[PDB]
S.K.: 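Structure of interest includes actinomycin D; see the questions below.
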2 protein chains.
Amino acid sequence: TXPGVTXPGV
Amino acid sequence: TXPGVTXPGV
DNA sequence: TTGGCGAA
DNA sequence: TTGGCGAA
Ligand code: NA
Ligand code: NA
């Protein structure tokens with residue numbers, strides 16, 4: 001996720 | 001780092 | 001080398 | 001499979 005917590009996605 | 005941005009370190 | 005974050 | 005986050 002994120003960042004943070006990529007995306008999702010990407 | 002962090003998380004985010006572990007530690008460092010660990 | 002290790003940390004393992006945080007879903008679609 | 002991809003994203004590549006962010007130093008000691
Ligand atoms: Na290294
Ligand atoms: Na998977």
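Sequence lines set the chain letters: A, B, ... in the order given, protein chains first and strands last, and positions in each chain run from 1. FYI, non-standard residues read as parent or X, and their leftover atoms are not counted in contacts.
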S.K.: Which parts of the structure correspond to actinomycin D, copies included?
M.R.: chains A and B
S.K.: I'd love to know which other chains sit under 4.5 Å from actinomycin D (chain A), counting non-hydrogen atoms.
M.R.: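 Heavy-atom neighbours of actinomycin D (chain A): C, D.
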